[PDB]
**Student:** 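Pulling up oseltamivir carboxylate bound to Neuraminidase for a closer look.
Naming: A, B, ... by sequence-line order, numbering from 1 per chain. Order of appearance sets the numbers: ligands from 1, and atoms from 1 within every ligand. Method of determination (from the header): X-ray crystallography, 2.4 Å. Just the heavy atoms: all of them, side chains too, but no hydrogens, waters or symmetry mates, feed the values below.
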4 protein chains.
Amino acid sequence: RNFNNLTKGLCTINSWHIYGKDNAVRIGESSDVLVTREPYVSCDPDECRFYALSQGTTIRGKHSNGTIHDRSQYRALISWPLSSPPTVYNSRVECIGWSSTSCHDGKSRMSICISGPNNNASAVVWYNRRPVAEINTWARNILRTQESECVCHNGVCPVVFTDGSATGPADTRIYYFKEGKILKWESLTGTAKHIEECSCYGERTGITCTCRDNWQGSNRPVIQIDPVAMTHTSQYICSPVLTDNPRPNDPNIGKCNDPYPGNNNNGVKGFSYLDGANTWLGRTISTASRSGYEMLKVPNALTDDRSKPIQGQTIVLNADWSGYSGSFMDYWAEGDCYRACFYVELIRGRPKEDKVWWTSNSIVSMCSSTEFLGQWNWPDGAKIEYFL
Amino acid sequence: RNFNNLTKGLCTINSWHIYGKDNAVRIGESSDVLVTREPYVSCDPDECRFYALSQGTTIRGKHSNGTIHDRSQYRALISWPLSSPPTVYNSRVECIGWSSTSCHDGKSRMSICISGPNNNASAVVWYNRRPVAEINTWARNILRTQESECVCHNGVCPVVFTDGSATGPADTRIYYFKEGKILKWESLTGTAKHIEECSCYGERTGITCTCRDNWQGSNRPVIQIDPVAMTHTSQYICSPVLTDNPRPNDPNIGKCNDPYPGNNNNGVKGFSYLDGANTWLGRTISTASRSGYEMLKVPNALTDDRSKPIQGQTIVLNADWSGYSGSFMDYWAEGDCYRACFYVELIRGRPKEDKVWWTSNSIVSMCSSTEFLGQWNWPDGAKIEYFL
Amino acid sequence: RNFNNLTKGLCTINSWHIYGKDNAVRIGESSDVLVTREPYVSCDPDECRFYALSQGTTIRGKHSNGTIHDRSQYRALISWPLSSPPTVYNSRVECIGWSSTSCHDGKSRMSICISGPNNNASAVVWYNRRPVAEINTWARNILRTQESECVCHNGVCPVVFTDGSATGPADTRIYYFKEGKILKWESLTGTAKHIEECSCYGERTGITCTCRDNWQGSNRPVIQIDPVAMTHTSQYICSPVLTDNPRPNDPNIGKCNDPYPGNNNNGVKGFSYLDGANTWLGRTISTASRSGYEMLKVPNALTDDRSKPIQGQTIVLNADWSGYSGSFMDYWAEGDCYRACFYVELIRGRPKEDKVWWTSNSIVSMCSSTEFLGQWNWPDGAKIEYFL
Amino acid sequence: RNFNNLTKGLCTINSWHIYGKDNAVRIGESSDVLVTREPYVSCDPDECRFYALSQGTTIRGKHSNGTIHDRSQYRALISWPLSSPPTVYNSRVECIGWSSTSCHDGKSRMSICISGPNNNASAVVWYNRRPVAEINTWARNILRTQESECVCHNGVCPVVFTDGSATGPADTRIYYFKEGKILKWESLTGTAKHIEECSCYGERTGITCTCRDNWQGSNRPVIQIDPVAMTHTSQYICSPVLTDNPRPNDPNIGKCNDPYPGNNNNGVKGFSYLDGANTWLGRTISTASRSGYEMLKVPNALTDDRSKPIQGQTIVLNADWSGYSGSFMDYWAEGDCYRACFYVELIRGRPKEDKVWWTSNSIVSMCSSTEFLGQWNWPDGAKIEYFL
Ligand SMILES: *[C@@H]1O[C@H](CO)[C@@H](O[C@@H]2O[C@H](CO)[C@@H](O[C@@H]3O[C@H](CO[C@H]4O[C@H](CO[C@H]5O[C@H](CO)[C@@H](O)[C@H](O)[C@@H]5O)[C@@H](O)[C@H](O[C@H]5O[C@H](CO)[C@@H](O)[C@H](O)[C@@H]5O)[C@@H]4O)[C@@H](O)[C@H](O[C@H]4O[C@H](CO)[C@@H](O)[C@H](O)[C@@H]4O[C@H]4O[C@H](CO)[C@@H](O)[C@H](O)[C@@H]4O[C@H]4O[C@H](CO)[C@@H](O)[C@H](O)[C@@H]4O)[C@@H]3O)[C@H](O)[C@H]2NC(C)=O)[C@H](O)[C@H]1NC(C)=O
Ligand SMILES: *[C@@H]1O[C@H](CO)[C@@H](O[C@@H]2O[C@H](CO)[C@@H](O[C@@H]3O[C@H](CO[C@H]4O[C@H](CO[C@H]5O[C@H](CO)[C@@H](O)[C@H](O)[C@@H]5O)[C@@H](O)[C@H](O[C@H]5O[C@H](CO)[C@@H](O)[C@H](O)[C@@H]5O)[C@@H]4O)[C@@H](O)[C@H](O[C@H]4O[C@H](CO)[C@@H](O)[C@H](O)[C@@H]4O[C@H]4O[C@H](CO)[C@@H](O)[C@H](O)[C@@H]4O[C@H]4O[C@H](CO)[C@@H](O)[C@H](O)[C@@H]4O)[C@@H]3O)[C@H](O)[C@H]2NC(C)=O)[C@H](O)[C@H]1NC(C)=O
Ligand SMILES: *[C@@H]1O[C@H](CO)[C@@H](O[C@@H]2O[C@H](CO)[C@@H](O[C@@H]3O[C@H](CO[C@H]4O[C@H](CO[C@H]5O[C@H](CO)[C@@H](O)[C@H](O)[C@@H]5O)[C@@H](O)[C@H](O[C@H]5O[C@H](CO)[C@@H](O)[C@H](O)[C@@H]5O)[C@@H]4O)[C@@H](O)[C@H](O[C@H]4O[C@H](CO)[C@@H](O)[C@H](O)[C@@H]4O[C@H]4O[C@H](CO)[C@@H](O)[C@H](O)[C@@H]4O[C@H]4O[C@H](CO)[C@@H](O)[C@H](O)[C@@H]4O)[C@@H]3O)[C@H](O)[C@H]2NC(C)=O)[C@H](O)[C@H]1NC(C)=O
Ligand SMILES: *[C@@H]1O[C@H](CO)[C@@H](O[C@@H]2O[C@H](CO)[C@@H](O[C@@H]3O[C@H](CO[C@H]4O[C@H](CO[C@H]5O[C@H](CO)[C@@H](O)[C@H](O)[C@@H]5O)[C@@H](O)[C@H](O[C@H]5O[C@H](CO)[C@@H](O)[C@H](O)[C@@H]5O)[C@@H]4O)[C@@H](O)[C@H](O[C@H]4O[C@H](CO)[C@@H](O)[C@H](O)[C@@H]4O[C@H]4O[C@H](CO)[C@@H](O)[C@H](O)[C@@H]4O[C@H]4O[C@H](CO)[C@@H](O)[C@H](O)[C@@H]4O)[C@@H]3O)[C@H](O)[C@H]2NC(C)=O)[C@H](O)[C@H]1NC(C)=O
Ligand SMILES: CCC(CC)O[C@@H]1C=C(C(=O)O)C[C@H](N)[C@H]1NC(C)=O
Ligand SMILES: CCC(CC)O[C@@H]1C=C(C(=O)O)C[C@H](N)[C@H]1NC(C)=O
Ligand SMILES: CCC(CC)O[C@@H]1C=C(C(=O)O)C[C@H](N)[C@H]1NC(C)=O
Ligand SMILES: [Ca+2]
Ligand SMILES: [Ca+2]
Ligand SMILES: [Ca+2]
Ligand SMILES: [Ca+2]
């Protein structure tokens, strides 16, 4: 087998079709489904799998009480087959920790997990299911990474890390790995003022990451990585179509090199595909809470600060809870181009639903089509009443 | 490996022997068995598996309440090993939707699922476990397909779709796929007046489909497809041995090019093997409800409008519930000929058994023998009392 | 790969060591373990597995009520990994029926299941997980076979069938299969007066079967099969060490060509290894019920009607329930000789324990050693109280 | 494939990172997790797995009542995937018994289980999942072995056995196996006065074992094995840093060739890595009970009777229960050196927590890093209240 090379461009995106859905909370009502959060999707050359951070307990288990908690010693990055629920019996543990990333380079899979206390966290880099390299905290304030898949080109896999305050200036680094070993790291450069939880995809030798400004911005920071030169730039999506949550209402002029103001000290992991006229943005429908999800076709959103939507598709109704969202692609599919995909985390439980004492999620997943397909909406589908 | 070619004919069918039975409802009384309906069977070159449409919940789970419902966002086409029950832990998801078909071409498996609202449904074609082609609704009225396996010849797999009214003229299309890509489609031709849920099998370069007239007929429409020329004809089974449900009593003269009247706006998925003197028809024993199942040897049923049974075998007693039935064959078995097989869906729960609030099924499956074997009857075997 | 040839002899048997134990009833108290009976063990070239007849329900499931019943449509021959319990999720179904046999020929596995009503039963022969041949009842009175593994030599696998009364003269046949196809069958010959449930093993081109006389004898009938000439002889074990159950007390003179009298119309499946001075017999400790199990070294038991034990080993205490027992060997192990093995069925529930309404079993399994090893006793270990 | 050779040395150990954690007791609160004790970790060339002695029951199962019991017929050595819990459905049984060891030689895995009554125990040696050799008790007093992995060099695998009193002089033997067959055994030599439960690792053609003196010593005996000459020596760790439990307080002078006094007739399985200046010792934090665990860097602990710690890392807080600990290494990882690993058994239930009637454990596992990583603490994480 061989190192994957990013030689293709994105397929024309004319709509989105259903790709995967696990119905985890529905099924977990009467089965041994693991409590999770921060899910994502990542492909191997022969298989696509769901990924998430387990809480080391099932939903019906009494230890699910208090799983709104983010970081603990009982968390672990798990993977399981596409569209099946994350269960005790069908889940494979990749590594131990409460923040993670993962990707296949064509030959083997690299997985990274971060664990530890807030002032002494450390990352372990696994490659081919063995631990290979370790990274200590450099700012002693919750070392953390992407919570979705990384991308590899010719065996080189860039990973975005952040260490420091979640609500002020922090220390963001881009690490370049090959076979789990560290080739290089560099401090964040460019005009982006704060970076959390980057969603990445690869196209024609370039890697694009769409991130979360948890400090002052409701526009999304963007990191463009050159995986061959191992260099990067950063800015914001210039579009006045704001895609963080919570967020102000859409203005008529966006900001390219500074945060759009109005909401401080919060955000949500999100994604975008930035491809000239083929540009699609995702966001929650609500401007106030993590409910609803929609895709919006915004031509040149990355560079045009007046750009507005010309097409869209609803993924989750506003009346239904959403959550994190992120990008992935099957880089080993057939065809001349890469088909854009994404997932949406459907959070159930706390804080929004405090009749139960747990927090979990299920997953819905979509891929692009060149057809103009009809749309549906994909709620989690569980009824809280049944869990009382 | 290679594309399968339909070079063989049917084996002489002298009786039927038991092939598979999963006892899903019995076992699901105390295990994590998924609620399903619309099951079928399909073989790979190395394995035969059960298939069905899951409801995204187990039977004991509270979310099984209301699963008489046909189309929802929690449904998915699943497969699992022959004669095992469909459980949360042993089931593999093929694709997401509430109407489906699937077949192996010798090299890889094609699976098709349809999802969406009634006026905006769309089909996704998977090949080798990756999405490859999409089809939008053309009549905006529940785009739907076979609910049993398709058949492939030299990499070409015909699939019958219907879009439009279930109780009047509708738009039926035959699609021809190769490696998941669309080669051709054509509107329904011939004398068949309404097509639903075709059951297909392949023999000596020809593909035969037996379908359901849900509009006016209680005789079954038949589609004969040429997979090399990618053309087809259609008519009804001429035999006065009527095989839909519900249905009038058997007359002495059948109809070849028009529906046999008496029952409107209903039917059931069924099958037949049409092979001259080796012709066998399946049907429910009751003329009023989905109970009982029998096989009847009706020589030249396809072309002879006076033809009557000369041999038979009871599969399910009239006192026991049945349901959908359909055809499949192991095209990779040894021997000079293909052995005819079929399955019967054994529906339990609503509407017929409303003490419970769920609807599910188990599967019984048979194959042909050249021996004259003794017969048994194969009920689902669950006791509703235990579920109260 | 190649057809296995019986070129080796038995290893010297000086004692027995523990080989496998599944603790099914213990574990099944709080897990989804399938109710079973008639278990056995059979090896592939790369794996050894447990086999049994499932009842299509778990032990905790309410449908376990009445599973003392022998023949039903919910039974199936299942296999699962050595020393694990037979669970819904880890069991593989081989075929459907209520009497069975199975063996690997070196290339692929043949499995045979019999199903149907008492007067119309039929056997289906599976080879390489596909149905290949069918056999109708010839005496219309519960067609039945070995309930333990068959043995193959150069692709030829003899199987002993019985059809007719269980308490009088019946029609016993030896079938010779190759790749699931029937080469030959012949009626029972020799001095054995009644044959049920043969336990077989292979040595130096010869196949030895030890059976159950359910009519008048408490000595065990023996069938010696030549798999190359496809011929056989039969007689009884001449030894006064009687090994059926129930049975008279041991006399000082056994019978070679007629049943030893005193107990009519009952018996239990059992086994022996007949190897001159290396001869070991198994039997229940009790002469009245299926409790206890012991191995006895009885030199020339097959031919010497005065022969008595000179060594022994207790397997199950008399205070503990036993059941069927049978022989198997790993014909693909390393070494110059075949090591003798056996299993004992540990029946729990009805009729002996009627506080519960179910009947099930677990398995204990032993193999021979050339060392003189210490002995233990291996009870099932479940407590009935917990199931109330 | 090939026999592994111990050609490498240990990597410089500057700290420890998290490797694996199964959270078995947490998860087992509402899932079918097997009750276990005496766990360990062992690697194949392509996979690392958890190992433990099952009690033949799940934690929620009523048969978990009384599982503080050490030796019974319902115990078995099981293995399951790294960091998953030991469940009924995902566990593989290696062999039957209540004391065990296991290791891969590069080609295949050898597993050894001991079973039987106290005065008649015997070991069965499995190789490539088949039984190959048997060893009878030589002192008729609980034949017992390592309870963690053995190490192989060029196909030769040394295993340390003990037979006789646990609280006085006993008969310890070192067995040398190849492909499961016995090459040689020799009685214990050197100055070590009592040997139990050796933890072993391999480095540059030498095998080091750290054991438990259950008689008079609170310093740990050490066995150094030459696997090529098949010879050994023994002594104690000279360091005044005492690593058994319970134990006196640390003095300023240790003992090299005799037990350090103060605590009799007890101990705990433990480990050490003895590598000159790269020497790390493990021990419980408490001197009185099995709570807490810490690693201490003690230069030349093996030979220097004045040596004291110069660096350390806390693994489990003193407020949390610990248990057995032992060594393992991935001998098939990439790099010029072997990375030291270990596990800690986290015992929950009896005797320390007698509100429940069961005894079980979970596992935490660590590996060495050349980075100076921040430390966390890794408790089992279950709440006993939930099990009442
Ligand atoms: C079966 O399925 C199909 C396939 O899915 C369904 O068809 C889909 O239907 C949906 C819903 O209608 C469509 O999504 C919307 O698309 C519009 C954009 O399309 C319109 O506008 C285009 C651009 O117009 C401008 O530019 C052109 C220059 O070329 C100029 O001509 C024009 O005058 C104008 O200047 C048009 O080109 C386009 O026409 C085309 O499409 C028509 C069909 O749609 C067709 O008839 C035409 O012939 C032509 O082919 C069309 O007119 C998006 O604007 C819209 O997104 C807004 O609205 C949703 C609510 O629905 C909202 O959630 C979005 O966030 C967004 O609204 C916010 O953002 C704006 C920008 O910032 C802001 O200005 C708004 O005020 C609003 O802001 C507020 O809400 C947000 C959200 O909380 C908040 O953050 C803010 O702060 C503020 O509070 C939808 O995405 C699909 O495009 C369409 N797909 C296809 C293929 O047709 C079909 O309906 C189904 N059938 C059935 C029976 O159900
Ligand atoms: C052990 O197992 C074996 C193997 O399974 C068992 O043997 C099987 O037994 C079953 C049950 O008896 C048989 O099934 C029935 O078969 C008959 C057909 O066989 C008969 O008819 C043949 C044709 O006769 C005509 O043509 C010939 C020309 O050659 C002419 O000679 C003759 O006079 C007549 O003109 C005969 O050839 C055939 O003879 C052969 O077989 C005999 C044994 O069967 C043997 O003795 C002979 O020597 C010779 O070898 C035989 O006489 C089917 O007709 C029948 O199906 C009808 O009946 C069932 C109810 O049992 C019903 O459910 C069916 O739907 C059907 O009845 C409906 O359809 C008709 C056609 O439309 C209609 O006219 C009826 O009025 C009826 O319609 C009503 O009900 C339906 C259903 O709801 C409804 O829709 C309608 O509207 C209306 O309300 C059975 O299939 C097997 O063939 C047989 N197998 C074998 C290999 O023998 C054995 O019994 C078991 N042993 C034990 C101890 O249990
Ligand atoms: C640690 O583990 C080891 C290894 O397992 C344990 O050692 C084992 O211990 C067991 C139990 O003691 C032994 O099993 C018994 O073996 C005897 C046979 O061995 C004796 O007899 C031999 C033959 O003697 C005759 O021939 C020779 C000619 O060479 C002649 O010299 C002699 O005088 C006599 O004529 C002797 O060779 C043999 O000696 C050897 O072994 C000795 C140790 O055993 C050793 O000390 C010697 O130096 C020499 O090396 C020995 O004396 C079996 O007969 C016996 O089986 C009977 O008894 C059990 C009950 O225990 C019963 O269940 C059996 O069914 C059987 O009894 C029935 O069958 C008879 C035949 O029909 C009948 O006559 C009886 O009346 C009885 O019938 C009644 O009960 C049955 C059952 O319900 C019923 O069906 C009937 O109708 C009727 O009601 C045992 O199998 C192992 O052999 C032995 N293994 C080894 C390697 O030593 C050790 O004990 C453990 N240690 C500890 C501390 O626990
Ligand atoms: C983020 O994570 C990092 C990484 O983990 C954290 O950093 C770690 O912090 C821990 C905790 O502080 C450290 O573990 C302790 O290490 C000390 C040893 O280090 C000290 O001593 C060294 C040796 O000093 C001697 O020799 C040198 C000669 O070179 C000489 O210079 C010196 O004067 C003296 O003679 C020093 O070299 C060393 O300095 C280095 O490290 C410093 C940072 O640690 C740094 O500042 C320096 O510049 C230099 O680089 C340092 O001073 C261990 O001694 C200690 O272990 C004892 O204490 C724990 C309790 O904490 C106890 O459980 C242990 O069992 C042990 O105590 C017992 O054993 C003794 C020996 O027998 C005995 O004498 C004691 O009385 C005691 O005995 C009692 O308790 C036991 C236990 O029950 C019982 O059995 C007895 O009977 C009796 O009752 C710790 O292991 C790590 O080393 C350190 N790692 C690193 C890389 O720095 C960091 O804290 C985290 N950050 C945050 C914010 O949380
Ligand atoms: C420490 C700041 C960080 C990103 C803003 O908080 C995240 C936000 C979360 C959220 O907004 O739901 C949940 C994340 N699990 C959490 N990440 C970590 C490592 O705890
Ligand atoms: C929309 C008409 C269609 C065929 C008549 O209804 C079917 C009949 C069913 C039935 O008769 O039981 C159940 C099918 N799940 C359903 N198919 C869909 C797509 O909903
Ligand atoms: C027989 C002495 C032996 C070592 C001291 O006891 C062990 C100590 C144990 C313990 O200290 O927790 C549990 C072990 N399961 C047990 N080993 C056996 C074979 O029973
Ligand atoms: Ca923000
Ligand atoms: Ca109809
Ligand atoms: Ca008898
Ligand atoms: Ca001690």
**Student:** Which ligand entries or polymer chains correspond to oseltamivir carboxylate?
**Tutor:**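 Every copy of it sits at ligands 5, 6 and 7.
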**Student:** Could you check which other chains have a non-hydrogen atom under 4.0 Å from oseltamivir carboxylate (ligand 6)?
**Tutor:**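 Those with a heavy atom under 4.0 Å: B.
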**Student:** Does oseltamivir carboxylate (ligand 6) have any atom that is closer than 4.0 Å to a heavy atom of B/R212?
**Tutor:**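 Flag set, B/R212 near oseltamivir carboxylate (ligand 6).
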**Student:** Which residue from B/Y324, B/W98, B/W215 reaches closest to atom 14 (C) of oseltamivir carboxylate (ligand 6) through any of its heavy atoms?
**Tutor:**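 The residue whose heavy atom sits nearest atom 14 (C) of oseltamivir carboxylate (ligand 6) is B/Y324.
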**Student:** With the threshold set at under 4.0 angstrom, would you say B/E345 reaches oseltamivir carboxylate (ligand 6) through any of its heavy atoms?
**Tutor:**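 It does not; every heavy atom stays at 4.0 Å or beyond.
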**Student:** Give yes if a backbone or side-chain nitrogen or oxygen of B/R71 is under 3.5 Å from a nitrogen or oxygen of oseltamivir carboxylate (ligand 6), and no if not.
**Tutor:**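 Among all N and O atoms of B/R71, at least one is under 3.5 Å from an N or O of oseltamivir carboxylate (ligand 6).
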**Student:** So is there a nitrogen or oxygen of B/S99 less than 3.5 Å from a nitrogen or oxygen in oseltamivir carboxylate (ligand 6)?
**Tutor:**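 It does not: no N or O of B/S99 is found under 3.5 Å from an N or O of oseltamivir carboxylate (ligand 6).
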**Student:** Extract every residue of other chains having a heavy atom under 4.0 Å from oseltamivir carboxylate (ligand 6).
**Tutor:**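 With heavy atoms under 4.0 Å, it is B/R37, B/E38, B/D70, B/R71, B/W98, B/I142, B/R144, B/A166, B/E196, B/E197, B/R212, B/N214, B/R290, B/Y324.
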